[PDB]
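Presented below is an entry in which one can find carfilzomib (bound form).
Letters A, B, ... are given to chains in the order of the sequence lines, protein chains preceding strands, and every chain is numbered from 1. The deposited model was determined using X-ray crystallography, 2.9 Å. Scope of the values below: all heavy atoms of this structure, side chains included, with no hydrogens, waters or symmetry mates. We show just part of the entry here, counting contacts only within that part. When a ligand or atom number is given, it counts from 1 through the structure's own listing order.
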Amino acid sequence: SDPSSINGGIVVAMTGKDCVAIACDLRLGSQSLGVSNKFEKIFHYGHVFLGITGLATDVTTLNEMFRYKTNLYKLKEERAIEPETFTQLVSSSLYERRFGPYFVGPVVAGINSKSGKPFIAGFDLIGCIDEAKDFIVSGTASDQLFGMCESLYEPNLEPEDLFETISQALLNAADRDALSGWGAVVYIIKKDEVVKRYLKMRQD
Amino acid sequence: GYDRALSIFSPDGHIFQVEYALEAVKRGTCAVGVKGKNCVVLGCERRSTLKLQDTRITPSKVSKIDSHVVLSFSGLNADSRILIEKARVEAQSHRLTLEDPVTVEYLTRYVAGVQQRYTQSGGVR
Amino acid sequence: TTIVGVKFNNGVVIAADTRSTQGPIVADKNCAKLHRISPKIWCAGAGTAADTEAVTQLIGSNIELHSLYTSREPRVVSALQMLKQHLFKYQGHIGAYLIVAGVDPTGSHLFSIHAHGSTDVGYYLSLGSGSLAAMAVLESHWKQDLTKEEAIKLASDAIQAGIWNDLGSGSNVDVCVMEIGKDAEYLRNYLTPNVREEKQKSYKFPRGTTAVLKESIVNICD
Amino acid sequence: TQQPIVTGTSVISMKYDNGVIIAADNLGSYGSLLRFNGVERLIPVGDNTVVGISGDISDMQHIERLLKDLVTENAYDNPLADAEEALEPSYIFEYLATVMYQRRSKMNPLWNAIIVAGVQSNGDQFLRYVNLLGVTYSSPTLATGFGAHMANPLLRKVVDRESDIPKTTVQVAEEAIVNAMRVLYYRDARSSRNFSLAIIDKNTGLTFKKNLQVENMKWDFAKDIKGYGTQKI
Amino acid sequence: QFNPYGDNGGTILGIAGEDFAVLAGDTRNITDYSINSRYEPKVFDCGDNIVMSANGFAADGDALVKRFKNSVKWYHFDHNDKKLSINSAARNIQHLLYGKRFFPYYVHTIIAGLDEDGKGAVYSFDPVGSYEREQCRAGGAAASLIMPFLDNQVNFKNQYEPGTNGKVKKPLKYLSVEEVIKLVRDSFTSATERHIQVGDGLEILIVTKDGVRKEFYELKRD
Amino acid sequence: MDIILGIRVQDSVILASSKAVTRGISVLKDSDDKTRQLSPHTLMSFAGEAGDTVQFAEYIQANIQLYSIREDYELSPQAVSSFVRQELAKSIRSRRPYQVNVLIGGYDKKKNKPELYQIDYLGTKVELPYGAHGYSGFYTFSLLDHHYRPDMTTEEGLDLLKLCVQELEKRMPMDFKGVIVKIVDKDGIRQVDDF
Amino acid sequence: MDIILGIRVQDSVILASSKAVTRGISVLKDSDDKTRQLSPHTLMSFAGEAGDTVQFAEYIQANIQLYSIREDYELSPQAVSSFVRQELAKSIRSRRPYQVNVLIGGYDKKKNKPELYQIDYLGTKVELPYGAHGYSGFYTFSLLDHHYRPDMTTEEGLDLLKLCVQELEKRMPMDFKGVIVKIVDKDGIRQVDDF
Amino acid sequence: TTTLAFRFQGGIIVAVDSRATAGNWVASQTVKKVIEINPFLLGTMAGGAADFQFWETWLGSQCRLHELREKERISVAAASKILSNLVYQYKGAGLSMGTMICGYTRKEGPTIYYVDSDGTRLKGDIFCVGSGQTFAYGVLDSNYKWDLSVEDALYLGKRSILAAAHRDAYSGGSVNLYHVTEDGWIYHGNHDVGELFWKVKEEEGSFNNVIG
Amino acid sequence: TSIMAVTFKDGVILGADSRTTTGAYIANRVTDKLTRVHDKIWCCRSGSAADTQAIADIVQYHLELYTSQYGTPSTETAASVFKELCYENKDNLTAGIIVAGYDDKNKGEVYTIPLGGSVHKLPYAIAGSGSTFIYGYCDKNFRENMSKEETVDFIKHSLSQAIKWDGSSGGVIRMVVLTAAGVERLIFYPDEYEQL
Ligand SMILES: *[C@@](C)(CO)[C@](*)(O)[C@H](CC(C)C)NC(=O)[C@H](Cc1ccccc1)NC(=O)[C@H](CC(C)C)NC(=O)[C@H](CCc1ccccc1)NC(=O)CN1CCOCC1
Ligand SMILES: *[C@@](C)(CO)[C@](*)(O)[C@H](CC(C)C)NC(=O)[C@H](Cc1ccccc1)NC(=O)[C@H](CC(C)C)NC(=O)[C@H](CCc1ccccc1)NC(=O)CN1CCOCC1
Ligand SMILES: *[C@@](C)(CO)[C@](*)(O)[C@H](CC(C)C)NC(=O)[C@H](Cc1ccccc1)NC(=O)[C@H](CC(C)C)NC(=O)[C@H](CCc1ccccc1)NC(=O)CN1CCOCC1
Ligand SMILES: [Cl-]
Ligand SMILES: [Mg+2]
Ligand SMILES: [Mg+2]
């Protein structure tokens with residue numbers, strides 16, 4: 001009965017030379033029982049990408065909530081929300097439920113359309129912003145991901161090289177966690193093109 | 001506890017207490033065992049200086065250790081009961097742990113082991 | 001965390017480390033613990049990270065509105081009063097431990113606030129898990145009539161004590177100087193004595209190392 | 001299973017070029033009550049070792065008796081008891097470390113933190129820690145209780161690693177110890193002003209200093225502090 | 001109520017090569033948020049070309065090493081100075097650990113050396129005596145950080161041959177002592193960055209047919 | 001309440017639900033239908049806490065029927081499942097949450113495709129080819145992983161379902177008194193009487 | 001372990017014992033014989049804590065068999081039941097008691113009478129015309145109160161027993177996988193293979 | 001864990017996974033869960049690693065002493081009962097064991113005995129033990145017949161572990177196969193789930209839930 | 001804490017140590033526990049720092065608003081406001097407060113308010129953890145109508161002992177003198193009071 005580790009799952013994000021990458025596993029389980037291998041944890045609102053780990057019902061609820069809020073934002077502002085602004089919206093929304101929080105570990109990733117600067121950020125369940133130059137990790141194999149990223153990562157990686165680094169970080173972290181795995185997805189994000197790749201990994 | 005080494009070696013290399021125990025066997029009533037092609041037969045002597053005996057209740061010379069093994073003896077009658085009892089207990093203990101009744105060799109080996117233990121234990125003959 | 005505050009001749013200086021933990025794991029190696037309440041009132045925060053940021057922003061927001069309403073520069077005691085009454089109301093459940101400092105028309109000030117809403121006044125203060133390491137240094141080297149440069153040195157030395165000796169604290173030293181009659185200068189990463197050494201090997205993979213099942217272009221446009 | 005009753009607070013220590021220094025205050029606390037004031041918590045063993053003990057005082061007195069008895073037992077049938085076969089600091093420590101771990105393993109611990117400071121026969125500085133759990137470790141500076149949190153940071157500014165030991169004199173080392181004791185008096189609510197200090201040097205031997213006091217304290221700045229925020233008077 | 005266990009932190013790492021084996025471990029000793037020692041070794045030469053480390057609760061760790069060292073001594077006395085093979089040592093350690101099955105040694109034991117064919121060997125134990133020979137094992141506080149990295153770099157897990165459509169795996173091969181030490185150093189610098197209980201120094205013990213060599217490297221002290 | 005299963009095949013969705021209602025040491029009933037029709041082409045089975053199950057099922061049923069009358073239009077299975085999920089997602093943070101797990105089998109008439117949704121009491125929704133709630137999954141999932149194919153017929157799906165029930169009857173501790181099987185397809189909802 | 005029944009009729013004692021061995025959510029075995037022959041004309045069925053049941057049954061079996069060899073004589077059912085009770089009565093105040101309930105069915109050859117003894121894990125012995133352990137009694141006792149007669153035949157007793165098993169299969173929550181039935185009479189012990 | 005062993009026309013198949021876990025931490029993917037006790041006896045391990053590794057090894061020592069003393073290989077019944085009587089002495093102390101003593105002897109034939117830490121001892125034809133036992137049962141039961149060939153029986157044992165390895169989070173790594181005949185046990189290789197899953201998916205056409 | 005308030009011929013004097021603790025750590029060694037609620041009505045704070053501060057802040061607000069409408073409040077009135085807060089919120093407060101003030105009519109007055117929220121008017125009052133050790137001393141040494149110098153010595157010697165025995169008390173001895181003359185602040189450092 002630990003909300004954050006009932007369903008399981010992981011998300012990781014990285015920066016590169018004029019690009020960002022965000023990746024997640026596909027597992028949804030009920031403790032030991034694997035239930036679904038199609039449960040994607042990364043969503044996007046315009047060009048801003050959001051990954052969410054933790055309790056699956058809250059993952060779904062928050063996705064629907066941020067779609068709701070970014071749609072109204074766009075109608076009133078007459079422009080797409082930027083990663084820096086969206087990061088603040090996520091923090092506000094999570095802290096609004098300070099004493100009854102969503103059991104989640106969200107991760108923002110995207111490129112600012114005006115400045116062109118790559119941006120990533122992470123949060124705890126009550127909305128504390130964790131900004132980073134290099135990488136952000138989240139989920140039941142966060143310890144594993146921290147170890148993989150801290151050793152494998154180097155700055156200013158090209159999109160094609162960055163793909164390899166983030167993928168290997170996720171896969172090898174997922175294989176050392178019982179509640180993560182069962183497939184994986186990687187998003188490579190450039191200024192005006194976004195490639196999505198499904199990884200082949202062990203299915204146990 | 002009584003500790004005295006009663007069974008000990010002598011200058012000529014004999015253990016007199018064991019050898020004197022054989023004399024007690026030599027005094028005992030005769031017992032014979034003959035095995036055929038598909039059977040074994042145990043014969044036993046009963047001395048006839050005892051009339052007015054009640055043969056219904058008098059301890060029989062041949063004893064069942066299990067349903068498939070028997071034991072006869074010659075020597076001190078009181079001593080034999082102790083060996084028979086130990087043997088019967090070990091027979092049931094073997095069935096309990098191994099889930100199979102004792103072999104005749106195993107049962108013999110156990111009884112013989114008991115007898116040996118009394119030849120180099122303190123305070124016993 | 002380790003956070004400190006030190007008063008000097010013509011103002012006050014505050015400092016902080018830059019480690020953010022998640023159990024025994026370092027979540028952020030260079031997080032900012034110095035917060036701006038108003039242009040010349042700054043705040044060092046320890047405890048629950050979300051709470052220190054949220055409570056400092058809320059009071060900062062209300063201070064700005066108050067400043068505009070009264071046509072006056074905000075006072076440190078106003079921020080102090082608003083913070084303590086907020087924290088007290090929540091009976092310690094908002095885990096914010098703050099060192100509040102700044103300059104205003106009354107003068108220069110230095111306070112600390114605890115989660116349950118109690119406030120303290122002092123010439124030198126330290127809060128957080130590494131406060132004992134820091135307070136040891138402050139109690140050893142503090143004196144009356146410190147200069148600006150002496151107070152920065154003392155403050156950063158007190159943070160360093162926390163960085164090295166406390167496992168809760170680490171990485172870099174952030175400083176903010178608030179002098180009377182001058183703009184407050186925020187010295188982000190004032191010291192960086194924990195630079196990561198060159199790695200023994202590059203872990204750049206040959207292209208094609210990762211096995212792929214599907215590719216697809218994602219539509220971000222309308 | 002125990003609970004400590006009469007207790008002793010921090011024991012602090014460090015190494016310097018020719019030997020080791022160790023100190024501990026003279027207080028025997030009874031919870032919040034500062035009950036006993038004449039309590040010596042540094043106990044010499046021979047002319048080359050000093051054992052500093054914190055925690056339960058009844059258990060400290062038991063350990064005193066064990067060490068006292070150890071000296072007696074070593075002298076038995078030993079013509080070189082005051083020479084080559086004298087008790088070394090390393091022997092005394094290992095004995096205590098053995099006892100502490102055995103007692104924790106029987107779920108009946110000696111509720112103490114102990115620091116054995118001394119100089120070996122070959123001149124080498126000895127300084128090692130052991131506690132109720134049987135945990136042992138050595139370091140240029142060692143401290144128990146609040147000393148671990150407040151003294152170590154200050155003493156490590158003097159001797160931060162091994163190579164700083166030859167560069168540290170007895171004058172500089174003692175100064176740092178005395179300063180640490182003052183800081184503990186400011187900040188530890190179960191400490192006293194009075195304390196004892198001991199130096200074990202490879203040349204000048206054992207120097208035991210009793211009835212020391214914390215002095216040169218800063219309190220004058222208190223008069224300027226009024227209220228807790230808004231008060232002006 | 002008295003709690004007989006404690007956590008002294010630290011982390012250890014064993015890797016096996018073709019004709020050698022390394023057993024590394026940081027030199028930091030801690031309790032809660034305090035540093036006890038920056039240099040307290042916990043990797044030991046136990047004789048017969050067997051190196052050992054028991055990480056976790058140091059009191060239990062020391063006791064175990066002490067007992068195994070003694071077990072080696074009596075093995076010589078009782079069996080005509082015969083060399084204790086690494087496989088025999090491993091089985092002996094199981095019985096030492098399992099002997100306290102109902103009041104366990106709170107430690108993660110790793111031993112390293114050469115097997116009877118002269119090839120590198122690493123065995124790892126749980127607290128109650130279960131053991132397994134492996135090419136690779138991290139233990140202790142930062143084990144979860146280091147281990148997945150080793151799977152990737154030592155055993156080449158999740159790495160496929162470029163251009164083979166993820167059909168051909170990257171072939172297994174022995175690493176040189178130079179390449180292994182590179183991985184050890186990078187593993188510990190990464191662990192130091194993200195784990196608070198890991199730092200100060202790194203001590204590596206290398207085991208070849210010629211004997212037991214040592215190497216020491218500084219780690220970040222925050 | 002205990003056993004509810006669901007299998008999506010080529011042209012239909014099949015729901016199987018146990019008939020037993022047990023109370024303490026007594027099986028009170030052996031013919032219980034653990035399902036409600038939400039709309040002509042949408043069926044919801046349920047299992048969980050006593051009372052909560054039926055109360056929740058009928059509450060959803062009423063809301064979907066209200067929608068159908070208002071708009072003179074049938075909501076898609078996807079739309080119904082999202083409504084149900086939100087209601088459960090609200091519930092979990094209430095003073096007293098609905099402890100009800102559901103399977104929603106429906107036939108989307110616009111897409112001409114069968115759809116099976118699994119939703120637990122927390123509001124955790126997933127679309128699946130085959131689904132189960134409770135301990136049933138621990139037997140059936142592995143079995144279906146092996147024998148299931150995406151292009152199966154309704155008859156093949158019923159045989160696949162028989163294989164599951166047989167396994168449950170062999171290895172499950174409790175007697176769940178067989179199952180009621182219902183099929184959802186283009187022509188609506190119908191019950192298999194002989195199973 | 002769960003269901004053990006016993007019925008004493010005119011000329012015999014009939015014991016029925018469930019075949020299921022369940023562990024967690026898995027029926028490990030459906031052909032388990034929960035009984036031991038203590039002597040040619042004495043049979044003991046058992047139910048309770050896992051491990052304890054067989055360990056206790058075999059321990060008693062060994063002791064009665066030892067007695068039989070020593071005296072070349074079969075102990076009466078009454079004598080055996082008193083021995084068993086005393087062992088359980090010792091057990092209940094031990095460091096770890098045997099959590100085993102037993103029924104002892106026997107035919108006394110001296111009296112030419114069948115005898116059924118019910119003994120629980122506390123050492124509570126009673127001679128009965130019909131007996132049961134666990135939840136089984138809550139169904140069977142009332143049924144037997146109605147249908148049982150003291151002069152019944154073995155065949156009438158088996159039909160009476162079928163009536164009990166049917167009721168248990170209808171109203172019991174758990175699937176106990178039928179029963180093994182054994183008859184104790186003047187000619188000894190035999191098993192009914194088709195039940 | 002997931003372990004199984006079933007009896008059939010051509011002897012006994014024994015299959016196990018190779019994962020070890022400490023909570024959600026995957027500690028190992030290469031653990032041996034079959035003990036080679038003697039050339040005719042096998043023992044499977046599900047529960048506490050140390051308990052199994054220690055006591056089933058000890059069991060082998062007791063089996064060796066039996067054949068020295070009795071000049072005859074120990075029966076599967078007697079071997080299993082030594083272990084069951086041992087763990088019964090420790091009942092309540094907290095041992096965690098679910099094992100299967102599998103072997104062939106002349107008098108018994110192929111025999112499997114389930115033994116666990118609360119003292120249960122059961123002879124049987126089919127058993128699955130471990131956290132993923134139910135997943136293995138599902139596939140095994142639905143495909144089991146007595147008249148299976150040696151080739152088909154080996155595969156079913158392998159496929160059943162794979163099924164559990166896939167669904168059970170605490171099962172995986174690789175499959176270890178064994179076949180026990182009148183002549184003794186024969187090892188049938190280590191099979192990594194990494195490669196085995198995709199190989200089985202493609203060739204068999206199963207596992208359609210997974211993104212191919 | 002160790003705190004006290006003592007009436008005398010010319011008015012009343014409040015006294016306090018300066019130690020604030022978190023367990024055995026001294027969070028503040030120069031604390032000011034003597035706080036103003038009105039010109040010549042002050043209080044000594046013991047118990048929770050947060051609670052006593054929050055209470056004192058509210059009382060100061062009430063008495064300021066009282067003064068705006070009805071002029072200078074009596075010391076009794078101030079004590080009643082403290083009582084009202086302490087009593088009605090007894091379940092959520094840990095505050096032991098001594099109220100002391102100087103009227104011209106009533107001269108020096110002392111009211112003590114323990115945990116319950118009861119009010120007790122006394123010639124002198126002692127409170128806080130360290131007060132337990134000086135009940136004997138204070139009872140034997142207190143006299144009515146003492147002089148300023150005698151009352152200062154009485155408080156100094158009393159708190160000196162309370163500090164000596166109580167680990168939860170220490171630092172400097174702060175005092176506040178309330179008379180017709182005005183308001184005087186006094187401080188006494190360890191080097192003086194320890195060797196008394
Ligand atoms: C020093 C470093 C030690 O305290 C400083 O005081 C810093 C202060 C800076 C960062 C402002 N303190 C922390 O870093 C603080 C320590 C801490 C941890 C937990 C409780 C209280 C204090 N760390 C945090 O606040 C982290 C910050 C992260 C990186 C955003 N947050 C967490 O650890 C949260 C705690 C949230 C919380 C909830 C309810 C009451 C109190 C705090 N915990 C998690 O995220 C754990 N878990 C992860 C999996 O998803 C579910 C939540
Ligand atoms: C499947 C794979 C899991 O359900 C199987 O059941 C396997 C059987 C194989 C290994 C023979 N079981 C396990 O993997 C087993 C699960 C388990 C654990 C503990 C009790 C019962 C069952 N895992 C273990 O035994 C692991 C082995 C690996 C090498 C770590 N060991 C532990 O969990 C140990 C010892 C457990 C223990 C038992 C009795 C008394 C004390 C301890 N514990 C730890 O390692 C603790 N943990 C390690 C990480 O650091 C934090 C503490
Ligand atoms: C003497 C010391 C004792 O009577 C005095 O009465 C002074 C009164 C002056 C300062 C007004 N009292 C204290 O110093 C007071 C003692 C105390 C402690 C706990 C409850 C009631 C009274 N100390 C405090 O109020 C401190 C001051 C902070 C450090 C600035 N606060 C705490 O110790 C907080 C308060 C929490 C609390 C508990 C019960 C009621 C209200 C508030 N306690 C902690 O933070 C506990 N801490 C958790 C982390 O581990 C260390 C202990
Ligand atoms: Cl205060
Ligand atoms: Mg799995
Ligand atoms: Mg640090």
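- All copies of carfilzomib (bound form) taken together correspond to ligands 1, 2 and 3.
- In the deposited model, the macromolecule with the most close contacts to carfilzomib (bound form, ligand 1) is named by UniProt as Proteasome subunit beta type-2.
- Other chains in heavy-atom contact with carfilzomib (bound form, ligand 1) below 4.0 Å, by letter: A, C.
- The authors modeled a covalent bond from carfilzomib (bound form, ligand 1) to C:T1 OG1.
- The PDB entry names chain A Proteasome subunit beta type-3.
- Among all UniProt-designated active-site residues of chain C, the one at the smallest non-hydrogen distance from carfilzomib (bound form, ligand 1), rounded to 1 Å, is C:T1, 1 Å.
- Residues of other chains with a heavy atom under 4.0 Å from carfilzomib (bound form, ligand 1): A:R98, A:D124, A:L125, A:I126, A:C128, C:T1, C:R19, C:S20, C:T21, C:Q22, C:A27, C:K33, C:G45, C:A46, C:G47, C:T48, C:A49, C:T52, C:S129, C:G168.
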